[PDB]
Novice: 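Looking at a complex of natalizumab and heavy chain FAB NAA84 here.
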Amino acid sequence: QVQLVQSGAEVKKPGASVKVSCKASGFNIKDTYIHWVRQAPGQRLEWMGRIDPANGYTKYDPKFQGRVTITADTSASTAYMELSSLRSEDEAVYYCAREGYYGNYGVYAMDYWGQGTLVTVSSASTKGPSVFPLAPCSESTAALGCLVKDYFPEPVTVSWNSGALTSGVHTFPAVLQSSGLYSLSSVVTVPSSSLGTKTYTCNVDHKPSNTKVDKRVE
Amino acid sequence: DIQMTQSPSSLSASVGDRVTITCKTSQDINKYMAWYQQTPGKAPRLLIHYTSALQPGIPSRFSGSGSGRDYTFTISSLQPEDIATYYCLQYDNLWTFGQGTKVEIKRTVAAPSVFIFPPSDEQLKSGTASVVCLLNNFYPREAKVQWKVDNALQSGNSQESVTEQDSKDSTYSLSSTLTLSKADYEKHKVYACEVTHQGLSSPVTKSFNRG
Amino acid sequence: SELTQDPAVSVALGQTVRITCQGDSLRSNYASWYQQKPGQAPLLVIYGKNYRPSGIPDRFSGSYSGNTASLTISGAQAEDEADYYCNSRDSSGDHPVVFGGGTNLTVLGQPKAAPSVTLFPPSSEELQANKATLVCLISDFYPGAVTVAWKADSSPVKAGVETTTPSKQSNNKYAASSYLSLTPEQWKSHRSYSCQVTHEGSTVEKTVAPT
Amino acid sequence: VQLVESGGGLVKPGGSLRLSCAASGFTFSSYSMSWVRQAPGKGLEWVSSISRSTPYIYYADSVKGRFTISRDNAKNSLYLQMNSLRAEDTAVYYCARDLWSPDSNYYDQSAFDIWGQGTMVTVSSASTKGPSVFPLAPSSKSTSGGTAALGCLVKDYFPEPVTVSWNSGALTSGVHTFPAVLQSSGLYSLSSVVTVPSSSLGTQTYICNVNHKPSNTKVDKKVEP
Ligand SMILES: *[C@@H]1O[C@H](CO)[C@@H](O[C@@H]2O[C@H](CO)[C@@H](O)[C@H](O)[C@H]2NC(C)=O)[C@H](O)[C@H]1NC(C)=O
């Protein structure tokens, strides 16, 4: 029931501004505090600021302050985070977090977190990915794959058989090419007996370019 | 503005081992300490808050301790599902997170299942060729991929990407991608992939001849 | 540095009352209310985002809207007749605590109670110290309005009369004391002394004499 | 969990006190403490504040540069050095637990959860005076024929704080300690009565424990028929 939805991943030019939303559902937004946390590539969690959606008061981190502006719309039950003058160092995954009071203990704790929103600070244009199948030439286990080549920005979401086939799936992290475009492969290991008797479709999805591919590997 | 010193930075322990992480602060944080579980590519989950209070739903094996400056987090028996980056949070005055702890499972050697994929006919139409090698489910993380186009060793033409440790069998999966033009690809016949791993006795090669 | 509230508010038994507090600090902070009975320390009833400490009934509830916060008492009962103080935290500059003028809450002006009068003559021990004091003790009355008149046998005495102002008891009723100081020459001279306690027309006349 | 303040009493104008609050049941350090005074008949007024152990200090405009807040975290005690006292400083001084420090988060949702008993401080040029306790002989006229009312007269004392109990705290049933009168002399006079059985009037002994804290007088007067 208690959920913390977040807006889709965004790409912005260096020097511009980005506004990320946080949809609160399954609990009264006014009853808690909302935090924003920046998570740099592979680096530690960095707290940005807190808002009291009920009154509006804000407490920002001394380094983030002046560039971060947290807003909240109680009627729409959503919290927003605006970050301007975007530098290459601002390219990270941003998380919104619910902080609830615990009556029994008499303390407050940052319990629930949002799924996260990736911010890409780049000059390169938004491009849809080229999907290619990965089937070999001619033992028990047989490997099939999908090559999500040449795309910008990150990320892409690869499913198999509309989310039915989950076991054996290995979607590797995207590798940044010299071309400046990203690329990742998604492999799935299935037995030879089941092969030729079942359809094997990979469900590629790139939301920034509104690309949606459903390629069958044979 | 209170500083965080989370030790260790990373660890590897067998399924069942008593994992111990510490988080020392610059000044007294009066027991206002919390611990978060960040499983690969997921939102951090609150395990323990106020030094020792366990969140409803979190397993019994997870526990916290400490007072003042020195605080300690403990997993009584490490599980294959405990693969994550663990962080310590102070919330006395302002909010500061720790450096993190890379928690991986230490297990017996698993040989990689090698697979060679040729460039598709649709990719060749665009005037480019991408040959993919796969190293499905292996342990430890250390693996050597030697690309060979007609007995000629390829260096620089390749680009590899490894996955996080698996949630179930606690193994890794590596994918090395060799790139060439449709012209350079048509000039050669045999495309090999020499996998050197601890799980394999001799360096296993999985190739294909063009056509 | 200002928190304004109504100096006095009147209810009825079972009725619902709302005490309002208006301050600039109430925009940024949340109001904490305190109940204070006569000769009692303040008691926290509601604080923060409508939080009531254990032991405080469901009757007490906290409201907030900008610069104004309100304490709502659902179903007013006799034990709720007390002073209510709103309080805030400010957080700007050198004044972090702001208190309100208080609200003298009064409930239903019923039920009327008859005063129980007790009269003591001056003790032999007091008479030895060449002094005399007649003690009139008025208790368990409602409303808190009592007229005390002393009479040396039949003639009224106005001199040497010191009477308290009625004040609330443990049972939320009222209590008053009246002392008539005399010299042992005056006490022995009479002929009996009387204490006239008039409350809502009805007069109680307890009498003592040197015998 | 308790807060007990002591040190209050009579002080002549221009003098100084001597106010100390003792905390028990909780960890004194990690809690912000503050003093709140209350003039007789008037409302609550904040005096001073001291954060967790930071140790940040705040004073009210009226008591600025006269009163000094201090805390002994080792001795679990809060102090107040109230110098050059004006007549208007006459109040009941409460020691309150703020629960959240001004430097900490959620201080917007803070409150004084635990309060002290209060220590009466009187700023007056008039000198202190002990009470003259007299026994108010048992009177069978109320509440029954099998019940009689006996008491204690706490005659002429100063200042107001006088504590009365019966049979060293044992007798509680029927005990009614009346509020004191402020006489023409300027001295207070209080009374305490207890309704006891007429049957046990000859067998049981009734002694009242009068205590006048500011004059250090302690009277244990026995009442007899
Ligand atoms: C709370 O308010 C009531 C009502 O104003 C006060 O009662 C009055 O007290 C005066 C004497 O001080 C009487 O002359 C009035 O007749 C009383 N009115 C009623 C309706 O009772 C009461 O004293 C106030 N409480 C405090 C502590 O100030």
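Each sequence line gets a chain letter, starting at A and going down the list. Chain A is numbered as in the PDB entry, which gives 1-138, 143-222 for the residues shown. Numbering of chain B is taken from the PDB entry, so the residues present carry the numbers 1-211, in order. All residue numbers given for chain C refer to the PDB entry; the residues shown span 1-211 in order. Numbering, chain D: per the PDB entry, residues 2-226 in sequence. Structure determined by X-ray crystallography, 2.8 Å.
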Novice: Can you help me spot every copy of natalizumab here?
Specialist: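 That would be chains A and B.
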Novice: I'd like to know the other chains touching natalizumab at heavy-atom distances under 4.5 Å, if you can.
Specialist: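 Based on heavy atoms, that gives C, D.
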Novice: What is the residue list for the binding site of natalizumab, using non-hydrogen contacts under 4.5 Å?
Specialist: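 At that heavy-atom cut-off, the residues are C/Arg27, C/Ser28, C/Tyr30, C/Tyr47, C/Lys49, C/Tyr51, C/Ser91, D/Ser31, D/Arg53, D/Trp101, D/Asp104, D/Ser105, D/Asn106, D/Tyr107, D/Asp109, D/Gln110.
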Novice: Per the PDB, what's the name of chain C?
Specialist: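 It's listed in the entry as light chain FAB NAA84.
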Novice: What name appears alongside chain A in the PDB?
Specialist: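 According to the entry, heavy chain FAB natalizumab.
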